[PDB]
Amino acid sequence: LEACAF
Amino acid sequence: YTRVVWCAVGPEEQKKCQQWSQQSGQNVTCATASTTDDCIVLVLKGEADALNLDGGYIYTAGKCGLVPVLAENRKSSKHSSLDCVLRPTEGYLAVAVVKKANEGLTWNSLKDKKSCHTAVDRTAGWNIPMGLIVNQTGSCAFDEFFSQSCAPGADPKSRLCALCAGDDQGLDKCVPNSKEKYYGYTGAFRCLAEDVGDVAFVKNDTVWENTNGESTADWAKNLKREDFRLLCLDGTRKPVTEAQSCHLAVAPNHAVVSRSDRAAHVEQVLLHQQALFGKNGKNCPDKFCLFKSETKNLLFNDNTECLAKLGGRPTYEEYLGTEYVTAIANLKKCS
Ligand SMILES: *[C@@H]1O[C@H](CO)[C@@H](O[C@@H]2O[C@H](CO)[C@@H](O[C@@H]3O[C@H](CO)[C@@H](O)[C@H](O)[C@@H]3O)[C@H](O)[C@H]2NC(C)=O)[C@H](O)[C@H]1NC(C)=O
Ligand SMILES: *[C@@H]1O[C@H](CO)[C@@H](O[C@@H]2O[C@H](CO)[C@@H](O)[C@H](O)[C@H]2NC(C)=O)[C@H](O)[C@H]1NC(C)=O
Ligand SMILES: O=C(c1ccccc1)c1ccc2n1CC[C@H]2C(=O)O
Ligand SMILES: *[C@@H]1O[C@H](CO)[C@@H](O)[C@H](O)[C@H]1NC(C)=O
Ligand SMILES: [Fe+3]
Ligand SMILES: [Zn+2]
Ligand SMILES: [Zn+2]
């Protein structure tokens with residue numbers, strides 16, 4: 001999926 | 001009004017950053033973290049402004065909203081009249097390097113061999129060869145492909161860290177910073193030079209800069225280019241003079257990223273800092289050279305001639321290029 005890893 | 005806070009990854013970078021800070025009269029100051037991801041988080045918090053990143057890390061940073069500001073530009077050939085700061089970047093060649101004496105190792109016999117990688121998540125060291133290997137094997141179990149590896153940033157008890165050596169005390173095994181003996185381009189190449197690994201995933205420039213007396217470091221000073229071969233994707237092996245026809249990918253140059261709201265100030269300060277400390281800089285070599293660190297590529301690659309302006313105010317996807325971004329995305333589906 002498409003989000004920031006933190 | 002305002003100082004730029006650089007993020008240094010590990011203590012060797014922190015030391016170089018501290019010399020830069022002193023010489024710049026605190027126009028630049030330093031935060032430090034143990035890994036590049038932790039630096040990316042310091043910037044997202046606003047506790048640091050910027051750092052220079054491999055393309056794989058630009059992907060992580062860009063998914064989190066950070067933007068490219070200036071790119072490394074190394075010595076060219078064409079575009080000759082153009083000033084380094086205005087010349088378009090050319091990419092570097094990711095390659096797989098082996099010893100010539102390890103005869104009959106090819107791209108198609110890498111399974112179960114020992115590999116050396118710059119770190120997990122970096123372009124030439126990881127995203128390109130592991131992306132190609134997952135694709136070719138039709139399997140996400142890339143952690144079971146090589147019998148042992150050094151891939152800094154992987155689980156230290158796993159076989160992807162089994163060849164990593166840690167620091168001069170033997171601590172910090174596999175940490176993804178320059179205190180790990182086999183970290184980065186020069187660490188991974190050293191891992192092959194010493195025959196800890198059978199293959200190193202690095203870039204073309206690494207092999208050149210650490211052979212034939214181009215490096216005076218103990219481990220490199222006696223290496224000869226002719227003792228190494230590149231692995232081509234068609235299964236052939238070539239001399240390291242042939243990287244233009246025997247590479248895995250062309251990578252986007254390392255680049256500086258920042259929060260979008262500080263990108264213009266970061267850019268201005270960096271252009272002025274490189275006029276002082278850069279390749280022909282007013283105070284390099286007398287006082288401080290921003291693009292030297294005795295081959296250890298600290299903060300920037302030692303081969304950087306300047307940080308260059310980007311054309312088209314690119315987004316991170318535009319800067320990495322659509323194809324690379326899609327390859328990263330595909331490989332990250334495995335984990
Ligand atoms: C590993 O395999 C995957 C699956 O094939 C590769 O992903 C694929 O990348 C290609 C080329 O970038 C994409 O192709 C198309 O390019 C045209 C235009 O130039 C564009 O119009 C299309 O939208 C499309 O992107 C393809 O879509 C993409 N496929 C998937 C499933 O995402 C990947 O590049 C391979 N990894 C490596 C390291 O080679
Ligand atoms: C592989 O990398 C090496 C090292 O950067 C490149 O060789 C350098 O290229 C520049 C410009 O062509 C020369 O002026 C330097 O003196 C070379 N350095 C050394 C140590 O030899 C080589 O061109 C690269 N190969 C490819 C195909 O890009
Ligand atoms: O996409 C490429 C490529 C070049 C040759 C062969 C295959 C791919 C590229 C090279 C250099 C660069 N790209 C994308 C933008 C740029 C950079 O530094 O960001
Ligand atoms: C510090 O920054 C200010 C404002 O740009 C400038 O006047 C001064 O020259 C800078 N000095 C150094 C040493 O980087
Ligand atoms: Fe890189
Ligand atoms: Zn190519
Ligand atoms: Zn654009």
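Chain letters run A, B, ... following the sequence lines, proteins first and then strands; every chain starts at 1. Order of listing sets the numbers, starting from 1, for every ligand and every atom in it.
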### Message
Mind telling me what drug shows up at ligand 3?
### Response
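It's recorded as ketorolac.
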### Query
By the naming in UniProt, what macromolecule does ketorolac (ligand 3) touch most in this deposit?
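By contact count, the main one is Lactotransferrin.
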### Query
By chain letter, what other chains have any heavy atom closer than 4.0 Å to ketorolac (ligand 3)?
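Counting heavy atoms only, the chains are B.
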### Task
Identify the binding-site residues of ketorolac (ligand 3) using a heavy-atom cut-off of 4.0 Å.
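Counting heavy atoms, it is made of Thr89(B), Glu90(B), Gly91(B), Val250(B), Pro252(B), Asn253(B), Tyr319(B).
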### Task
Within a distance under 4.0 Å of any heavy atom of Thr89(B), pick out the atoms of ketorolac (ligand 3) and give their elements.
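This gives 17 (C), 18 (O) as the contact atoms.
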### Task
Considering only protein heavy atoms, determine whether one is less than 4.0 Å from atom 2 (C) of ketorolac (ligand 3).
no
### Query
Which residue and atom, if any, anchor ketorolac (ligand 3) through a covalent bond?
none
### Message
I'd like to know the UniProt domain of chain B that holds most residues touching ketorolac (ligand 3), can you help?
### Response
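Most of them lie in the UniProt domain Transferrin-like 2.
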### Query
Looking at atom 18 (O) of ketorolac (ligand 3), would you say a protein heavy atom lies below 4.0 Å from it?
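Given the 4.0 Å cut-off, atom 18 (O) of ketorolac (ligand 3) counts as touching protein heavy atoms.
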### Query
Please state which protein non-hydrogen atom is closest to atom 8 (C) of ketorolac (ligand 3) and give its distance, to 0.1 Å?
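For atom 8 (C) of ketorolac (ligand 3), the nearest protein heavy atom comes out as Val250(B) CB, 4.0 Å.
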### Query
At what distance is the nearest protein heavy atom to atom 15 (C) of ketorolac (ligand 3), and which residue and atom is it?
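I find the closest protein heavy atom is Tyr319(B) O, 3.7 Å.
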### Organism of origin for chain B (entry)
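The deposit lists Bos taurus.
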### Query
Backbone or side chain, does any N or O of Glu318(B) fall under 3.5 Å from an N or O of ketorolac (ligand 3)?
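Looking only at distances, the answer is no, because the N/O contact criterion of under 3.5 Å is not met.
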### Message
Using a 4.0 Å cutoff against the non-hydrogen atoms of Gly91(B), which atoms of ketorolac (ligand 3) qualify?
### Response
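Those qualifying, in numeric order: 11 (C).
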### Task
Check each atom of ketorolac (ligand 3) against the heavy atoms of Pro252(B) and keep those under 4.0 Å away; list them by number with element.
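Once the distances to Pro252(B) are compared, the set is 17 (C), 18 (O), 19 (O).
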### Query
Does any N or O atom in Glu90(B) lie less than 3.5 angstrom from one in ketorolac (ligand 3), N or O only?
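Not met; the criterion fails.
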### Query
Which atoms of ketorolac (ligand 3) sit under 4.0 Å from any heavy atom of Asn253(B)?
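In order of numbering, the contacting atoms are 18 (O).
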